[PDB]
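Figure: structure with ethoxzolamide.
All residue numbers in this chain count up from 1 along the given sequence. The deposited model was determined using X-ray crystallography, 1.8 Å. In each ligand, atom 1 is the first atom listed, and ligand 1 is the first ligand listed. Below, all heavy atoms of this structure are taken into account, side chains as well, without hydrogens, waters or symmetry copies.
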Amino acid sequence: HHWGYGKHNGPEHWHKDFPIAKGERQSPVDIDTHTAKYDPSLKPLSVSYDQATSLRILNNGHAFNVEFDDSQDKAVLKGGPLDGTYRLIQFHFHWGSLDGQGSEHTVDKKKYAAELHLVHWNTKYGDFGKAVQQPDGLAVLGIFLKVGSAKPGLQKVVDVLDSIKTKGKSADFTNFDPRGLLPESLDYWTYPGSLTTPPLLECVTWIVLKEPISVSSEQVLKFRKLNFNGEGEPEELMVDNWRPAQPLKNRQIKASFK
Ligand SMILES: CCOc1ccc2nc(S(N)(=O)=O)sc2c1
Ligand SMILES: [Cl-]
Ligand SMILES: [Zn+2]
């Protein structure tokens, strides 16, 4: 066995191996724009990716991760609801089999075609492994993707996917600039949550941007050519690798705007 997104190992099954799946601060969640409240206590959000150093791209059987060198303070996220410095370690996406679904977070129940997750760990914990043992160990910047005009900055990623079609495959991926995946506005919603895939640890401060980026149908279609399976195994297209919205419970989503 092994958790996945299928009928017999999907999200509704995760709680068995990972009881925290029914926890008090699970992600993703639906973002009710009318209930979210503007928070003046939020400081300006700062995304500094100018010195970002990508190293490799990997198909881990659930999605593909563009990994970065986080041995030094380069690509960092700070400000907003965050206290201290968070360092970028990797980014990945969640997408659907159709344009009408694919995102994990939803806005007023609306599902986007995909969602980009830029993962960062709190530098005061030394490293990622230690950060995931803390309630404020991680910060994930989420960006929605809608199908429309192509996103130039994403093409380098889509063009390397052919080399990592199956689970376990990786490829060198240096000099990729994540700044090319950001929308114009940094307006966002924020709330305390968790990792959206096992181990589903509740160590994440979520920062979801309001403005989605546009990607072309051609670009997302290539995402859908990836495989969940390993080389030589029966083909199971990597699509719908998203977890649905979870109970908000005792939480309040704050807005950085209006
Ligand atoms: C220790 C294994 O590393 C992990 C495991 C799950 C996980 N989920 C996310 S997400 N979808 O951004 O909430 S990033 C991440 C890193
Ligand atoms: Cl299936
Ligand atoms: Zn994710």
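- The parts of the structure that belong to ethoxzolamide are ligand 1.
- In this entry, more contacts with ethoxzolamide (ligand 1) come from one chain than from any other, and the PDB entry calls that chain Carbonic anhydrase 2.
- In the PDB entry, the organism given for chain A is Homo sapiens.
- Nearest non-hydrogen protein atom to atom 4 (C) of ethoxzolamide (ligand 1) is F128 CZ, 4.2 Å.
- Remark: ethoxzolamide (ligand 1) and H92 share an N or O pair separated by less than 3.5 Å (distance only, no angle test).
- The nearest protein heavy atom to atom 7 (C) of ethoxzolamide (ligand 1) is closer than 4.0 Å.
- Most residues around ethoxzolamide (ligand 1) in chain A come from the UniProt domain Alpha-carbonic anhydrase.
- When non-hydrogen atoms are compared, ethoxzolamide (ligand 1) lies under 4.0 Å from the side chain of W206 (C-beta onward) but not from its backbone.
- The substrate-binding residues of chain A named by UniProt that have a heavy atom under 4.0 Å from ethoxzolamide (ligand 1) are exactly: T196, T197.
- Less than 4.0 Å from ethoxzolamide (ligand 1) sit the following other ligands and ions: ligand 3 (zinc ion).
- Residue list (UniProt Zn(2+)-binding, chain A, heavy atom under 4.0 Å from ethoxzolamide (ligand 1)): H92, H94, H117.
- The shortest heavy-atom distance from ethoxzolamide (ligand 1) to a UniProt active-site residue of chain A, with that residue, is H62, 7 Å.
- Put simply, no part of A63 is less than 4.0 Å from ethoxzolamide (ligand 1), judged by heavy atoms.
- Counting heavy atoms within 4.0 Å, the binding site of ethoxzolamide (ligand 1) comprises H92, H94, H117, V119, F128, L195, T196, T197, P198, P199, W206.
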